[PDB]
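Quick look: sarecycline on 16S ribosomal RNA.
We name chains A, B, ... by the order of the sequence lines, and we start the count at 1 in each one. Every number for a ligand or one of its atoms is a count from 1 in the order of the listing. Values below: all heavy atoms of this structure, side chains included; hydrogens, waters and symmetry mates excluded.
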Amino acid sequence: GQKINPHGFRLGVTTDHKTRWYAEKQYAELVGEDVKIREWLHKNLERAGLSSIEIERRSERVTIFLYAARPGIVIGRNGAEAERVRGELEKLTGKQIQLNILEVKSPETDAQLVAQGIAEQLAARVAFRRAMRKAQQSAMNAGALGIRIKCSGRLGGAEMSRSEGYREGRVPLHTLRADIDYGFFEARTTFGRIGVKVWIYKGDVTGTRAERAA
Amino acid sequence: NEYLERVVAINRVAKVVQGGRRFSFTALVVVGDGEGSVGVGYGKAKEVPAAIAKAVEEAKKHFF
Amino acid sequence: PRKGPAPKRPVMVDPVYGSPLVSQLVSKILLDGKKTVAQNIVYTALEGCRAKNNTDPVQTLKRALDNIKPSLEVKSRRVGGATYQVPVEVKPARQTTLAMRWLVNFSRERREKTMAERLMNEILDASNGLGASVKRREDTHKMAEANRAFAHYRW
Amino acid sequence: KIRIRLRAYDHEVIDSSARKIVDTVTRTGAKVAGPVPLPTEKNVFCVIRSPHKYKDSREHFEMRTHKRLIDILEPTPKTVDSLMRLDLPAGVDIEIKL
Amino acid sequence: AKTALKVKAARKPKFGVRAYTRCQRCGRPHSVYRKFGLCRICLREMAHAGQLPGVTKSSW
Amino acid sequence: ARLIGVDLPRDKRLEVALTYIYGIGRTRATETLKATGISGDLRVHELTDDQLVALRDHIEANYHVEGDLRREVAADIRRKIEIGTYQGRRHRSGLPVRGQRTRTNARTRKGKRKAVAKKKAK
Amino acid sequence: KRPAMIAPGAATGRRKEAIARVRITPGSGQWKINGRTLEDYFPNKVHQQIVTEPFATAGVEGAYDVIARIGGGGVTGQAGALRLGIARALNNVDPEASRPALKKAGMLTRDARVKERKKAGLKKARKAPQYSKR
Amino acid sequence: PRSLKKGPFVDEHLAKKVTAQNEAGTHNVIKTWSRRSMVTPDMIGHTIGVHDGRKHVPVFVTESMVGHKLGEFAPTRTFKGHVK
RNA sequence: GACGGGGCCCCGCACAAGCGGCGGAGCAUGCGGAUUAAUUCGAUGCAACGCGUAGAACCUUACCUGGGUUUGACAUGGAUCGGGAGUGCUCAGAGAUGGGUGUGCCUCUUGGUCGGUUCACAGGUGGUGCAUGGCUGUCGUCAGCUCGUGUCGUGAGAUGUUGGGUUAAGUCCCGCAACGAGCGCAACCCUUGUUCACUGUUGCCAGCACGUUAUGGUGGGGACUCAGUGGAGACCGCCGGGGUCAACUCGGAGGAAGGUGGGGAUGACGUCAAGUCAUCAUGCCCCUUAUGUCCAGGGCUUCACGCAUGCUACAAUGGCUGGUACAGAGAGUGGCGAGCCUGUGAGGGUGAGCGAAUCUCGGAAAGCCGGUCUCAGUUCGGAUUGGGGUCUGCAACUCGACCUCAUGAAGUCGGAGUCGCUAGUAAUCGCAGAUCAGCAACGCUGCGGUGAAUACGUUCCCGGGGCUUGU
Ligand SMILES: CON(C)Cc1ccc(O)c2c1C[C@H]1C[C@H]3[C@H](N(C)C)C(O)=C(C(N)=O)C(=O)[C@@]3(O)C(O)=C1C2=O
Ligand SMILES: [Mg+2]
Ligand SMILES: [Mg+2]
Ligand SMILES: [Mg+2]
Ligand SMILES: [Mg+2]
Ligand SMILES: [Mg+2]
Ligand SMILES: [Mg+2]
Ligand SMILES: [Mg+2]
Ligand SMILES: [Mg+2]
Ligand SMILES: [Mg+2]
Ligand SMILES: [Mg+2]
Ligand SMILES: [Mg+2]
Ligand SMILES: [Mg+2]
Ligand SMILES: [Zn+2]
């Protein structure tokens, strides 16, 4: 209701932009194609689980990094699904797409995949308290310094809306040098949708671009 | 398991604050061996399982 | 304020006449943030003063300020179900401020055409002992004397 | 002689690219004027924070364009080929004025 | 916005003066920036999420 | 009765005494003075009859002034009324004609506020 | 106690978004700011005192020339920047005989008072729109 | 108003209808939605039903109409007064 | 817990001390009401009302009248007949659309692309913000809100988190059945104030050489300024007093800056079923030859009225006029446009230069100086109204800005009441940008110029904080 997006707040300070290209007469159209690419990938690759889509451009050539928990779905069998998604990408944009798919080392520590899993459980009608506790426990088993999960909506299929949350460890949202990964997802239930937000305090980062990306 | 227990009663207690009411759960547990040692535990938490577990672990140290 | 007495900005001196009084006068005229206009008015008034009398314009301004300086003034008090007018002595800085404010306001209220020698006329009249500023000083002193019975409410 | 204009949004990558260019041309001889920083373009966007009826609370954003300039005093066609063939990060562009 | 309105805005508007912008992600017709398309809300959320290069919060 | 139908006020500069005439403004008076070759910074009470009548002749020859222009303006408004344009209808209604807003003030045409009683809340 | 030293020198002055390049040199004490003289560039005695008084509070007096290049700001800000520049020039020329009095007079200090920025929801830096309950 | 060097704007179908009416007899009512058009002498003495939003109100164009738009004579709002 | 016309202790432009306003006048703008075929919808004490609107003549547009359309204006998938689709010119029409006429797939024997007939289906700014997600206001930059374990009590619960001192701060210090931790405070970030190193164009010009007279125009220069990267710098760190002490506090030195240096970003647990189904998303309900959808015209701009936010004023600290200084921050290729010519001017015609530290917007205005007006409802004010125009646009009637000529309204400083502000602030002065063909922008977000008065103080008014007392 009154809290800033952690990623936007720390943008430029500790975290970095997901798109890296420069253009001053086409800026809008490149933004539009980027929006198309991201919407298409999110709508057609829910099963894989998307941490982030990172877009680069050099000269009429687009490069897409897809950070996914299980790239098995993206690659299909011997890269057949990768080739088909690349082909759909040329069909959508009209440019030369170089697509590479990367793992997430700790999916239980990346907040976006954590929200993915919690929303999936809520859609599959798992008790929200049990789901949140499982995600929290898994995050601290991995070794995050602080978890915070909040599920808002018609939790448990009720009529009134609730805002149930869990947290322990430390999550200093106000600290800019604090490396806080933020994820959000929406569980699509037979009763509207539940908003699941996850903050994960990875640790403290210095400068020079977080040690120039460590 | 090793020690047999019953949850006697659970209650939803609340604390009124400026925003509203801060609800909480209280748990009565009775844990015994079935052969002569028994104890009762009272548990306070925000959640039923946490209150029950706190009550059980508090009752363990009250076996007579 | 609650915290305590806020610091006062030091008063500068007039480059021409070398007196903080004229700087305070121009800063009191000082309408709309036009320092140059205000001190053009003030210098014109002081030069008119030295024209009409041989004495120094800064000295005649000082004499006017002493003739308009109030010694005590009454303030509202909320004791009981009726308001009182408690007389309070006036510190030198406060009374200089009051004299300057009254001088400027009554100069603005004078009937003559231009502000410069409306203020000049008011200054000369006050230095002599006449004018609306001196009348207001006398009236405030008179009302303080009338309400002098509440000098024991001072805190 | 031979202008190189570098423009990006991050001064770290600007500086790294300028250092790479100057060290390349130098590795190919060609003494070259130091990277001089041009004033940064500073675009500002103010946006109503809320989606509805809340105008007094707003959010401000900037798009800072950092620009650096390089002069290649020595013609050095070998450096010409090097500067046309090397690779630069995607965020920064290059403008070569012959 | 309505889909018919979005497609009508996308298509050439007979007369030149009759064209307008529309949020290219959102369809919103009000407060659309020429620099990068989008709109008020779309700009705010995408800048926060970091898909707009060079765009960061300003606190000068 | 100094000029055409108006008396120029004494002790006032000619350049504005001319503007005191209906149909004559600041620039019209300035032109008139430059055409007649008469200074504009001298008071009206020093005005010889020859230059006065030269000024009168120039004004009468070049400019619609006083009764003529007033009748022309009234005729224009009456023509709008009788043709029935939107502007004419607004003129008859005594309401702003040049697309001014009428919801809030329109006061210089609607006159003084004749406040009316309205519905009373509970 | 010593009447300082004459000696050439130079410095820079800044005040309220105005830059003052000052070069003080031995001479008669005349002025030339941006080519034009003092009485031309600072046409009125409103704020000639603020730029002349560094010499008055120093041992040297109006027998010591100065050349000023002034940019940015308004007339008063330029005056303040020029005053600070002259004060700094006298400082770094004679940092022992003029330093104590020159600093005590509050002149080897640059006031950071700059126009505060406008803020959203407010008419000016601090002025607020007229509150209207009901 | 419209620039003089661009000439008056007649909506190019009102013009053709009034010209046809002139050729075949100046006796008919010409129904149009062209409030946008400029009255011209060539249509003087005609009757034109100008749309006003919901009905084609007829105006008989006279000599003095010429310097006006067709829509000036077809009021779009009805007021009649507040209260009654 | 909350509240108290209970106490003690506190804090905030909350008063007080001040300065300038609003409420009166004209206009601009939003809204209520009324009106209307429609005056689309949302916002309603603070925290709705120059708010969604960072741009309503068409469009936008969601509304109204009327004219069209029905797998639909737009998606995705199966079949089925196909080769053009898609378009140029013409005709009819307000247009939608319909009729002409020209042009007419690339592979291949089975694709891209479209067609119908269907079939599935689409579409909805239709309902519900008390079904919701998201986002936001708000109390509130307020100093707080809690947890683990222990302990006390049958229990809710308490302790920590009370007390003494201090702080902007639950900031610390002392004691203490508490010992700890977390979210808030602070700091890390941006900007501004000092300085160093590095670099030197499109920036700068101290010393050197010419330049058309002239312009850092020129070779050149790292000095100065600036540009922008990386450092330094402030920490009650030093000195003295107070403070057992201890936190803190006072004074001083050094210093550009001293006790948080100024400003921004940042809004704890939660409250208001607060706003938003109309940005988007979505549960359920509703519409489906219509609540979809296309088009022209109209409306969102109405006007007996009421409120609100502003602008211009009521003049001489001013008006008019000639001359003459000093900015910052920004924008620009369907763009910014210099120069010259033309016009009273808006502008027009030519038209370099610049994708821009280069070129253009460009003039800064207030101010200073000379002249003039002389207290006049005016040489104040510029509303309204009449004439003649310019530009943008398919098109300025409803309903644009601007120029010019004429006209010259109320207004003499505004009732009860009410608002903002503690310093480069208020007050005023101009400038730029977003949206944008144009613009009703006086709005909004920024930018610099000039530049105050006052704060004894907490008694009173409003909001809030700690503890305690009563219910
Ligand atoms: C009417 O339906 N029943 C009776 C209850 C009701 C049911 C469903 C709703 O969705 C709302 C309401 C009550 C209204 C009251 C609104 C009102 N407001 C419009 C001025 C108001 O007085 C305040 C306020 N000052 O705080 C509110 O709370 C308010 O806005 C609000 O939330 C409301 C709702 O939407
Ligand atoms: Mg448009
Ligand atoms: Mg007060
Ligand atoms: Mg008023
Ligand atoms: Mg409405
Ligand atoms: Mg609705
Ligand atoms: Mg509600
Ligand atoms: Mg709500
Ligand atoms: Mg509502
Ligand atoms: Mg903070
Ligand atoms: Mg809906
Ligand atoms: Mg409206
Ligand atoms: Mg303050
Ligand atoms: Zn949008």
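Lab note - all copies counted, sarecycline located at ligand 1. Chains touching sarecycline with a heavy atom below 4.0 Å, listed by letter, come to I.
Binding site of sarecycline at 4.0 Å, heavy atoms: I:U44, I:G45, I:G129, I:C130, I:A274, I:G275. The source organism recorded in the entry for RNA chain I is Cutibacterium acnes.
Short-range neighbours of sarecycline under 4.0 Å, ligands and ions only: ligand 7 (magnesium ion).
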